[PDB]
Structures are given as C-alpha cells and as structure tokens.
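Co-structure: buspirone and 5-hydroxytryptamine receptor 1A.
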Amino acid sequence: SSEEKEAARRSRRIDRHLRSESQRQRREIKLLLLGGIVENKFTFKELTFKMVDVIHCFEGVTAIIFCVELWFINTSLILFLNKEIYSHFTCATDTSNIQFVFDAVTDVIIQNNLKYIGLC
Amino acid sequence: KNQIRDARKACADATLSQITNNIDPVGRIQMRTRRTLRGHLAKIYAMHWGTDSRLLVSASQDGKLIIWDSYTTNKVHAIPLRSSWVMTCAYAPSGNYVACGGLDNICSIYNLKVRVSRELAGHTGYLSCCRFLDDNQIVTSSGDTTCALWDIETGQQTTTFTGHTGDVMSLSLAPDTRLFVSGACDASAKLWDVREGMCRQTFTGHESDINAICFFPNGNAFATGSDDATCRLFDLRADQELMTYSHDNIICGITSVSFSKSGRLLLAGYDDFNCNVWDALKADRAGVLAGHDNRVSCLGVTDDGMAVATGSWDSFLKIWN
Amino acid sequence: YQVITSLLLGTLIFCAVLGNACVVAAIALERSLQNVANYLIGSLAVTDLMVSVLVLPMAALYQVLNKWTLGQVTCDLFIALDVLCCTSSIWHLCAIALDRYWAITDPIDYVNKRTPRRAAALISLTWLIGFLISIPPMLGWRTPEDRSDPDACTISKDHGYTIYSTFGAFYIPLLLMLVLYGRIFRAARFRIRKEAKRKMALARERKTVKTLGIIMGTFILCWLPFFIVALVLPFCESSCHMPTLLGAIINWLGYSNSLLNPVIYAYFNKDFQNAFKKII
Amino acid sequence: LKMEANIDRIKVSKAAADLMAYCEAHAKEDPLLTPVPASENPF
Ligand SMILES: C/C=C\C/C=C\C/C=C/C/C=C/CCCC(=O)O[C@H](COC(=O)CCCCCCCCCCCCC)COP(=O)(O)O[C@H]1[C@H](O)[C@@H](O)[C@H](OP(=O)(O)O)[C@@H](O)[C@H]1O
Ligand SMILES: CC(C)CCC[C@@H](C)[C@H]1CC[C@H]2[C@@H]3CC=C4C[C@@H](O)CC[C@]4(C)[C@H]3CC[C@]12C
Ligand SMILES: CC(C)CCC[C@@H](C)[C@H]1CC[C@H]2[C@@H]3CC=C4C[C@@H](O)CC[C@]4(C)[C@H]3CC[C@]12C
Ligand SMILES: CC(C)CCC[C@@H](C)[C@H]1CC[C@H]2[C@@H]3CC=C4C[C@@H](O)CC[C@]4(C)[C@H]3CC[C@]12C
Ligand SMILES: CC(C)CCC[C@@H](C)[C@H]1CC[C@H]2[C@@H]3CC=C4C[C@@H](O)CC[C@]4(C)[C@H]3CC[C@]12C
Ligand SMILES: O=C1CC2(CCCC2)CC(=O)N1CCCCN1CCN(c2ncccn2)CC1
C-alpha cells in the first residue's frame with residue numbers, strides 16, 4: 001500500500017493546485033467583442049476583465065460587447081455606436097468607453113441579485 | 001450517378017428488422033454509478049479511454065487536461081492547456097502520448113512518460129475530433145471541411161481528406177486502423193482510406209448535421225448520431241442504411257454514440273440530461289443512464305467492455321459498469 | 001379536552017420537525033442549492049429543527065398537565081435551552097438580511113470577496129450572541145434550593161434581566177432589520193424605475209411591496225406580541241393580571257415562527273420548489 | 001461518383017447473417033449484455 005499512499009499524495013497536491021485556480025477564475029468577468037481567436041485581460045477599479053475577440057463554446061459569459069459602424073436571451077448586449085441593452089455613442093477621445101462597460105457590468109450583477117432574493 | 005440510385009433498391013431485399021423478428025429481447029439492463037470522478041472546474045467537452053481499460057483522460061474549458069486512474073479515483077496527472085478553448089482529447093494506443101485541440105487551430109501532442117513535444121498546424125478551422133492512428137501517425141478533423149493525416153516526425157499534413165461540404169465534427173477509426181469514417185454538417189458520412197486520400201464511400205441518410213459516429217466492433221458497420229434526434233446503423237459492405245434508432249419522447253440531438261464489446265448494446269447520449277441504451281439488433285430502449293446534471297458531451301466504452309464512462313458539461317465524469 | 005389540546009399541539013410539533021428536516025436534506029442532496037445564500041437558509045432551518053425537537057415537546061407537556069412534573073434542574077436547562085434557541089433563530093433572520101443587503105449595494109464585495117466562509121462567520125456571530133443572553137446569566141445567579149415545585153418553569157421577572165434579555169434578543173435585532181429592509185426597498189424601487197414599459201413597472205414595484213410585507217409581517221405578527229408582554233408585565237406587577245387563554249395563545253404564536261420560517265424563506269423561491277420535485 | 005458506384009455490394013441478407021454471427025459468437029464475453037459477478041467487477 002506504499003505505492004497507493006504515494007498516488008494519494010500525488011492526487012492531494014493536484015487538488016490543491018486546482019482549488020487555487022478555481023479561486024482565481026470565479027473573480028473574472030468574461031466579455032466577447034462580436035461586431036485565430038484573440039484574448040485580452042486587464043483590471044479596472046478592482047475588477048478584472050477577460051475579453052475574447054472572435055456559439056456553444058461561449059455560453060457562461062457576462063455580456064456581449066457589439067460595435068456598429070454608423071444563450072443570447074440570458075446575456076446582456078453593450079451596443080457601441082462607432083434582457084436589457086446598453087448603448088453609448090463611442091468616444092475614443094476619453095476613457096469613458098471603459099467606464100460604460102464597468103457601469104453596465106456592475107448593474108447586470110445588482111439586478112441578478114435582486115431576482116434571487118425575489119424582489120424583481 | 002445514375003447507377004448509384006438504381007443499385008440501392010436492387011440490393012435492398014429483406015429489412016434487417018424482419019430478419020431479427022426471431023431473435024429474443026435483451027430484457028432490461030440496469031446500470032448503477034460505481035464511481036464519481038470530480039475536480040474539473042468547468043464544462044467537460046471530451047474524454048478518451050486508455051487501451052488498458054483503466055486510465056482515462058478528460059479535457060475541460062478551464063484549460064485542463066486531467067489523467068485519472070478510474071479504479072482508485074486518483075488524479076495521476078493534471079496538464080494545463082495553452083488555450084482554454086478545447087473540444088477534443090485522445091490517448092495513444094501505446095499510453096505514452098495524449099493529444100488535444102479546439103478553437104485554436106493547433107493539435108497539441110503531450111508526451112506522458114509533461115511538456116508539449118509537438119504542435120501540429122495547418123488547419124483553417126476549429127479541431128473537432130482527433131484519433132491516434134498509431135504511435136507516430138494521427139488523424140484529425142477540422143471545421144474547415146478538411147480531415148488530415150499527420151506525420152509527427154516532421155509535423156506536416158501527409159495527406160488531406162477533402163470533399164465534405166460541411167464542418168466535419170465526428171471521426172471514427174476502424175479496429176484494423178486501415179479505414180476511417182467521418183461525419184460532418186451536410187447530414188452525410190464519408191468512408192476514407194488512410195493509404196490514399198480517395199473517399200471510398202459516401203452515406204446519406206440523416207436529415208441534420210452529424211455530431212457522433214463510432215465503428216461497429218466487427219469493422220464492417222457504423223452508427224451515426226445527429227441533431228435529427230435519431231441514430232442510424234449503416235453497413236459498409238451493403239453501402240446503405242439498415243436500421244433507424246429513434247423514439248418520439250426524444251426530440252433533442254445526439255452528442256455521442258458507442259458500442260458494447262460485442263456490439264449488441266448501443267449507448268447514446270442526449271440533451272435531455274439522459275443516456276438511452278438501445279438494442280443494436282432490435283431498435284428497442286433497453287435502459288436509461290440518468291444522473292448527469294448537465295448535457296452529456298462525450299461517452300466511452302472500455303476496450304474490454306467492462307464499463308462505460310460518461311463525461312458531461314456538469315464538470316463530473318461517471319463510470320457505470 | 002386534554003385530548004383536543006394534545007393532538008392540536010402535537011400536529012404543530014410534527015409539521016415543524018418534518019418541514020425543517022426536508023429543507024436541510026434538499027441542500028445536502030443537491031448541488032444546485034450549494035451557495036453562500038442557501039447555507040444561511042439551511043442553518044436557520046437547523047436552528048428551528050432544534051427548537052421543534054428539544055424545547056417544543058416539553059413546553060406541550062407543561063401546558064396539557066398545567067404543572068412541571070420533572071426536577072428543578074430540568075426546568076433550569078429547558079429555560080436556558082429555550083432562550084438560546086429562540087435568540088439564535090431571531091439573529092439568523094438578521095444575518096440573511098445583512099447578506100442580501102450587501103448584494104444590492106456592494107457588487108465588488110459580492111464578486112471579489114464573497115466566500116462560503118462568510119456564511120460560517122455570520123452563523124458563528126448568531127450563536128455567540130445566543131450563548132451571551134442564555135448561559136452567562138444562568139450559571140452564577142441561581143437561588144439555593146428555595147423554590148416551589150409545580151408550575152415552576154418561569155423566566156425571572158427581575159428588572160435588569162428583563163431589559164438585558166428583551167433588548168439583546170428582539171429590540172436590537174428588530175431595529176437593525178427595519179433599517180436594512182428599508183434601504184433594500186429604496187434601492188430596488190430606484191433600479192426598477194430606472195405604455196407597455198409602464199405596465200411592467202407597476203408589476204415590479206408591487207412584487208417588492210409583497211415580499212418585504214410578507215417577511216416583516218411574519219416576523220412582527222409572531223414575536224412582537226410576546227416581547228411586548230415580556231417587557232411590560234415585569235415592571236407593572238400590580239394591576240396587570242394576564243389571562244391564561246391570551247397568555248398562552250401569545251407564547252404559541254411566538255413558537256410558530258419556527259414552523260413559518262421554512263415556508264417563507266425556503267418553500268417559496270423557485271430553486272427549492274424545483275429540487276424537491278427532482279428528489280420526490 | 002463513378003468509382004463509388006463501381007464497388008461490389010453484398011445483399012443485405014448476408015450482411016445480416018454476418019452481423020448476427022458476430023453478435024451471437026461474442027455474446028458470452030460481453031460484461032454489459034450478460035450481467036457479470038461482483039467478484040470480477042474491478043470498481
Ligand atoms: C386585497 C388585495 C390584495 C391582497 C390579497 C391577496 C394577495 C395576497 C395576500 C396575502 C398572501 C399571503 C401568502 C402568499 C403566498 C404566495 O403567494 O406564495 C407563492 C405561491 O406559492 C405557492 O402557492 C406554494 C406555497 C407552498 C407553501 C408550503 C406548503 C407546505 C407547508 C407545510 C410544510 C411542512 C410539511 C410539508 C410563492 O411566492 P410568491 O408568489 O409570494 O412571491 C415570492 C415570495 O413572496 C418570496 O418570499 C420568495 O422569495 P424567498 O424569500 O426566497 O422565499 C420569492 O421567490 C417568490 O416566491
Ligand atoms: C394548525 C396546526 C395545529 C397544524 C399545522 C397547520 C399548517 C401546516 C398550516 C396551517 C396554515 C397553513 C398556511 C395557510 C396559507 C398559506 C398561503 C399559501 O399561499 C401557501 C401555504 C400557506 C402558507 C399555508 C402553509 C401550511 C399552514 C401553515
Ligand atoms: C413530533 C410530534 C409528533 C410531537 C411528538 C411529541 C408529542 C406526541 C407528545 C409531547 C408531549 C406529549 C404529552 C405529554 C403528557 C401527556 C399527559 C398524559 O395523559 C399522556 C398524554 C399527554 C397529553 C402527551 C401526549 C403526546 C405529547 C403531546
Ligand atoms: C402567524 C400567523 C398566525 C399569522 C400570519 C399573518 C401573515 C400571513 C400576514 C400578516 C400581515 C400580512 C401582510 C399585510 C399586507 C400586505 C400588503 C399587500 O399589498 C400584500 C399582502 C401583504 C404583504 C400581507 C401578506 C400576509 C401577511 C404577512
Ligand atoms: C399558520 C400558523 C402560524 C398557525 C399557528 C396556530 C397556533 C398559534 C395555534 C393553533 C392551535 C392553538 C392552541 C389550541 C388550544 C390551546 C389550549 C388553550 O387552553 C390555550 C391555547 C392553546 C394551547 C392554543 C395556542 C395557539 C395554537 C397553538
Ligand atoms: O411553556 C413553557 C415551558 C418551558 C420549559 C420547556 C421549554 C419552555 C419554560 C417556559 O418558559 N414556558 C413558557 C414559554 C415562555 C416563552 N419562551 C419563549 C422564549 N423566550 C425568550 N427567548 C429569548 C429571549 C427572551 N425570552 C422566553 C421563553
């Protein structure tokens with residue numbers, strides 16, 4: 001049973017690494033620019049954002065950023081002009097674009113918590 | 001093409017169902033979850049069995065390719081994956097290699113006895129399925145309507161199997177490892193020989209895209225699952241459809257189909273969070289493997305036929321025996 | 001007529017020990033019901049189970065026989081147990097409200113720092129505040145064998161212990177819950193407010209007057225009648241005779257919160273109504 | 001197209017006979033079909 005104990009120790013360490021990785025994945029907000037695959041990550045005001053630039057591989061996402069040049073029922077749409085929809089005429093001059101994405105994602109979180117309690 | 005249309009009715013004589021009217025039913029098969037493999041933090045899209053019928057490998061969306069010892073429920077190895085987008089996994093006949101792949105258009109081979117020993121590039125679409133032909137050759141099927149055999153030594157497409165008009169999403173290698181059959185979006189499945197890139201045969205019976213396929217253990221037949229909420233058992237030698245496995249209570253697509261060791265029982269996974277067992281000779285539901293919280297994505301039968309393992313989107317593998 | 005009271009009170013103690021046990025079983029036998037929120041609605045169910053199995057059976061013997069037929073020590077443990085279980089139940093209702101509060105107002109806390117450990121800490125504070133009102137004031141101030149034997153199970157009508165217990169078990173918790181559910185209403189009303197749109201406005205600011213009315217009405221219509229009496233009579237000994245009938249209806253109204261809690265917090269939301277169906 | 005039609009095809013009767021032959025001959029060694037003892041079950 002010495003070999004069995006060695007294998008059990010191997011299992012224990014892997015489980016600990018996976019637990020750390022899960023702790024780090026729960027606090028990530030996944031968004032998709034839907035206007036090879038590209039990935040970007042950045043933190044803004046203590047909130048990490050994980051955007052992918054490209055139908056069932058993407059299912060557990062928070063919002064779908066979708067730019068317009070002047071599982072969808074359960075995902076909000078941040079409509080940029082270069083379930084509730086949020087629209088903001090783009091303004092590359094300032095960093096308001098990022099502030100909008102933050103204010104929208106923060107409201108999707110608050111409204112999903114006002115439905116679990118059963119108050120909406 | 002005129003000859004093809006005529007030959008089918010000419011050789012279609014007595015329905016296989018008519019021939020099987022004499023065979024006695026299998027009764028009722030009740031399978032019970034023996035073990036529960038847990039540790040994936042996200043949806044599991046694929047799982048492959050080792051030829052030893054003991055070790056297996058699973059691929060999930062948390063960039064994780066985990067090797068598990070099914071008997072002792074122990075994580076042997078946890079291999080992190082560059083892409084978090086992963087649709088396929090495999091496990092070499094030898095036991096010294098696994099292979100994954102996904103949205104990234106690269107098939108990533110890992111040497112077991114863990115670091116990427118080779119990356120295979122060239123496909124212009126998501127890898128849907130891959131199967132180790134031997135210790136040195138691999139067959140892959142991609143979302144740009146092209147299948148390919150790869151030499152690992154150099155790292156190039158040796159041949160390229162083209163002709164499908166839709167995204168090839170399922171791939172089955174024959175027991176003799178001489179031929180392979182591919183199922184794609186065009187509701188058609190094509191037989192190909194690895195020797196020459198010449199489509200040996202084409203079968204058109206389904207109504208929707210084909211998501212699963214698996215050879216019969218004899219190697220002369222195959223079964224195909226589609227989004228048409230039906231499965232179909234074709235025959236290589238007969239070059240046509242013989243039986244259809246569909247039930248009205250089922251309207252969702254099939255994600256995975258597998259045969260028993262003798263090929264009598266046809267396990268099939270569905271989107272109703274259930275797995276229906278069918279009589280491959282009688283088109284009769286021999287049982288149900290209910291118990292998965294999310295959709296059953298991939299299903300496997302051990303080489304010795306001892307047990308069947310089901311992976312699912314609920315981040316849990318279930319061994320049933 | 002001792003038979004009539006026995007089967008009425010008996011059914012109440014059965015429905016409670018069954019309803020509160022079904023709730024905790026569902027949390028354990030389902031993985032869809034395993035979040036920080038339901039760990040607090042399972043702990044409350046467990047506390048009500050303890051109330052329904054330990055305190056309630058021996059309160060019913062005291063009512064049907066009209067006398068304590070057990071030892072003086074038994075009376076002391078059951079007065080202590082009764083206080084402990086009730087106080088923890090009231091503070092569990094106040095912890096669930098404190099968590100709900102920080103979902104609607106602090107989204108960063110909800111995402112970057114909300115752990116199952118939070119549930120553990122909210123439950124630990126509820127039980128620490130229970131063992132402060134029950135077990136310190138008993139051990140230490142105990143008269144030396146100078147009491148009557150029957151009808152002896154009565155909480156002290158001392159003036160210091162009256163304020164200490166009543167304020168630390170109901171009046172301090174009630175005020176906090178009224179402030180917290182008032183702020184949750186304003187926040188919800190704002191977000192909802194900010195012809196078809198006007199229709200689904202009225203029908204979202206009238207399922208947020210119901211839920212909050214149900215919760216507050218259940219908690220106040222049960223406990224307030226009892227804590228008002230428990231606060232006024234100790235100070236007004238002369239000329240405030242309390243009838244038996246009304247004085248017993250109020251005690252059992254207070255106890256009925258243990259039965260009603262699983263219905264208000266558990267038997268109503270969809271996630272439980274679905275899990276019970278899969279199991280049964 | 002022409003070479004796919006050129007292949008020779010056996011009548012569904014002999015394919016059925018071969019499919020039955022393979023199924024009955026290997027029936028006894030299928031643990032799933034014939035319920036296997038707990039002494040063999042390795043899980
Ligand atoms: C004059 C004009 C207007 C006024 C007139 C009329 C309108 C109303 C008046 C007063 C109403 C009183 C009570 C209403 C109850 C009622 O309508 O309940 C609804 C229907 O449920 C059932 O039918 C199922 C209920 C099952 C209960 C349990 C049954 C078993 C009990 C014994 C248990 C132990 C033995 C098994 C369900 O709830 P709901 O429609 O009331 O709305 C909400 C509820 O209030 C929220 O609390 C709940 O959140 P939670 O706090 O997590 O639970 C929400 O999810 C949601 O359910
Ligand atoms: C009366 C004693 C002795 C026996 C126990 C009776 C219990 C089980 C009964 C009495 C009154 C009942 C309640 C009366 C009305 C409602 C409102 C309805 O929308 C949901 C069920 C609910 C909330 C009932 C739940 C069960 C209940 C609490
Ligand atoms: C969990 C539910 C079913 C409650 C279980 C305990 C019930 C059945 C018990 C608790 C106290 C008990 C009572 C205690 C004392 C007496 C007096 C004597 O003349 C026997 C009947 C009677 C009146 C008992 C009836 C049954 C009773 C009410
Ligand atoms: C403890 C037992 C004996 C009595 C329980 C009484 C409960 C069920 C009663 C008392 C006060 C009542 C509330 C009083 C007012 C309102 C506002 C109205 O717009 C919706 C119903 C609602 C929210 C009632 C729901 C039922 C309620 C909470
Ligand atoms: C819906 C829920 C909250 C209803 C709860 C009803 C409760 C409060 C009722 C139902 C039966 C009632 C009891 C019935 C009979 C008696 C005997 C009497 O000499 C004193 C009061 C007493 C002991 C009652 C106390 C209150 C009581 C327990
Ligand atoms: O019927 C009995 C019998 C017991 C002995 C066994 C069990 C009960 C003795 C007994 O008192 N009564 C009558 C009930 C009085 C009210 N209950 C409710 C809880 N109360 C409280 N809780 C927290 C803070 C302050 N007070 C006071 C006690």
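In what follows, every chain begins at residue 1, and chains take the letters A, B, ... in the order their sequences are listed. Start at 1 and go down the list; that is how both ligands and their atoms are numbered. Note that these values count all heavy atoms, side chains included, but never hydrogens, waters or copies made by symmetry.
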Where to find buspirone: ligand 6
Chains touching buspirone (ligand 6) at heavy-atom distance under 4.0 Å: C
Buspirone (ligand 6) binding site, heavy-atom cut-off 4.0 Å: C/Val55, C/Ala59, C/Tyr62, C/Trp68, C/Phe78, C/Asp82, C/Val83, C/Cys86, C/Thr87, C/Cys153, C/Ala169, C/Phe226, C/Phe227, C/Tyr255
Non-hydrogen contacts under 4.0 Å, buspirone (ligand 6) and UniProt TM segments of chain C: 2, 3, 5, 6, 7
Residues binding serotonin per UniProt in chain C, non-hydrogen atom under 4.0 Å from buspirone (ligand 6): C/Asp82, C/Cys86
